[PDB]
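The model presented next includes TAS-120 (bound form).
The residues of the chain are indexed from 1 along the displayed sequence. In each ligand, atom 1 is the first atom listed, and ligand 1 is the first ligand listed. Just the heavy atoms: all of them, side chains too, but no hydrogens, waters or symmetry mates, feed the values below.
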Amino acid sequence: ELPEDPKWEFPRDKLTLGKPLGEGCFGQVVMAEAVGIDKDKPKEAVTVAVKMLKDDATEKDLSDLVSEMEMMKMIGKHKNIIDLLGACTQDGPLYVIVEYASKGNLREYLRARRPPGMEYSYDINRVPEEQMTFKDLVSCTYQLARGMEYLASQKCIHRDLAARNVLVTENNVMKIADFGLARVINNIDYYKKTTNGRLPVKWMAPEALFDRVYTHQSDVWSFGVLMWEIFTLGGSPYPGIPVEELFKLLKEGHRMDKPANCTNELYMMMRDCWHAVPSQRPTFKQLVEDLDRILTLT
Ligand SMILES: */C=C/C(=O)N1CC[C@H](n2nc(C#Cc3cc(OC)cc(OC)c3)c3c(N)ncnc32)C1
């Protein structure tokens, strides 16, 4: 049922599955070893992650996994985007092989690096994580701005940018992931007559929610929310406000208060990202240039 792609195909006999890696954010993912996947070291057994259907998989799960694979194929390689390494598409279950990120998603990464006593704080391995500096959070912000700048230039809309959908490698490299709702658009806005509301409310631009249209400027809105998450060390956006009441509040013009780890300059960048009129928000290219300069002064 799956056409062969010889340039991406990876032999099953070379891939050994290990332990499950969590589930919830990126579907069913497992650790694995793949001999000769890494062309740089084509004899070495490299650690990877494999996404695969569960026993309780639906028909849509299959098509979604295929679509994420092809989306990954067409997006291309970038330092701040999770890389497609290969795939197993014939004679057996569908395996999509991706870059391994040892430190998990950004949310949990930040939450483990929160001060003892704060909500959600926890010591991984029962050992305390070295504290997030200001430079670290801005570097995290910059890397993600770079990733989205690349995505935007590949004429692609993520539509679910959050810290839960960002992966973090051993060397603390940010890697945008979860292309479940990602689409390849043109210059005009993404609109469909048949509405589905599969987008998380608290990360959605108003035009996404009210007009059911999506642009690169909507992903900017979500980046503003991602900034807020970063600088609150994985805090829940619109704290104390249920999703149900946020429909009303966005129309009234509600925005989130300034994180205390954040500078005025950066919160302004946040507030610009949260402009009601999409073309009044900065572009990712602009966001990169600013974050460059700020990071340089640290
Ligand atoms: C809610 C948390 C989780 O479910 N996990 C925490 C971190 C664990 N984990 N997931 C992945 C992954 C992935 C992945 C991303 C992606 O983006 C486009 C596509 C695919 O397949 C299409 C898979 C990882 C990785 N990659 N490394 C380490 N831990 C991971 C699970």
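Contact analysis gives the chain with most pairs under 4.5 Å to TAS-120 (bound form) as the one UniProt calls Fibroblast growth factor receptor 2. Of the residues of chain A in contact with TAS-120 (bound form), the majority fall within UniProt domain Protein kinase. Within the listing of TAS-120 (bound form), atoms 25 (C), 26 (N), 27 (N) sit less than 4.0 angstrom from a heavy atom of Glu99. The shortest N or O to N or O distance between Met72 and TAS-120 (bound form) is not under 3.5 Å. When each atom of TAS-120 (bound form) is checked for a heavy atom of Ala101 under 4.0 Å away, the hits are 25 (C), 27 (N), 28 (C), 29 (N).
Under 4.0 Å from TAS-120 (bound form), the heavy atoms of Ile82 that appear belong solely to its side chain. Proximity to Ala49 (heavy-atom distance under 4.0 Å) selects the following atoms of TAS-120 (bound form): 25 (C), 26 (N). At a heavy-atom distance under 4.0 Å, only backbone atoms of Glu23 (N, CA, C or O) approach TAS-120 (bound form). Atom 30 (C) of TAS-120 (bound form) has its closest protein heavy atom at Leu167 CD2, 3.7 Å. Atom 14 (C) of TAS-120 (bound form) has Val98 CG2, 4.0 Å as its closest protein atom, hydrogens excluded (heavy atom only).
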Write 'none' if nothing qualifies; otherwise put on separate lines each N/O atom of TAS-120 (bound form) with a protein N/O atom under 3.5 Å away and their distance to 0.1 Å.
from                 : atom 1 : to     : atom 2 : distance (Å)
TAS-120 (bound form) : 4 (O)  : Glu23  : N      : 3.1
TAS-120 (bound form) : 4 (O)  : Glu23  : O      : 3.4
TAS-120 (bound form) : 4 (O)  : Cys25  : N      : 3.3
TAS-120 (bound form) : 17 (O) : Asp178 : N      : 2.8
TAS-120 (bound form) : 26 (N) : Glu99  : O      : 2.9
TAS-120 (bound form) : 27 (N) : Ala101 : N      : 2.7
TAS-120 (bound form) : 29 (N) : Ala101 : O      : 3.4

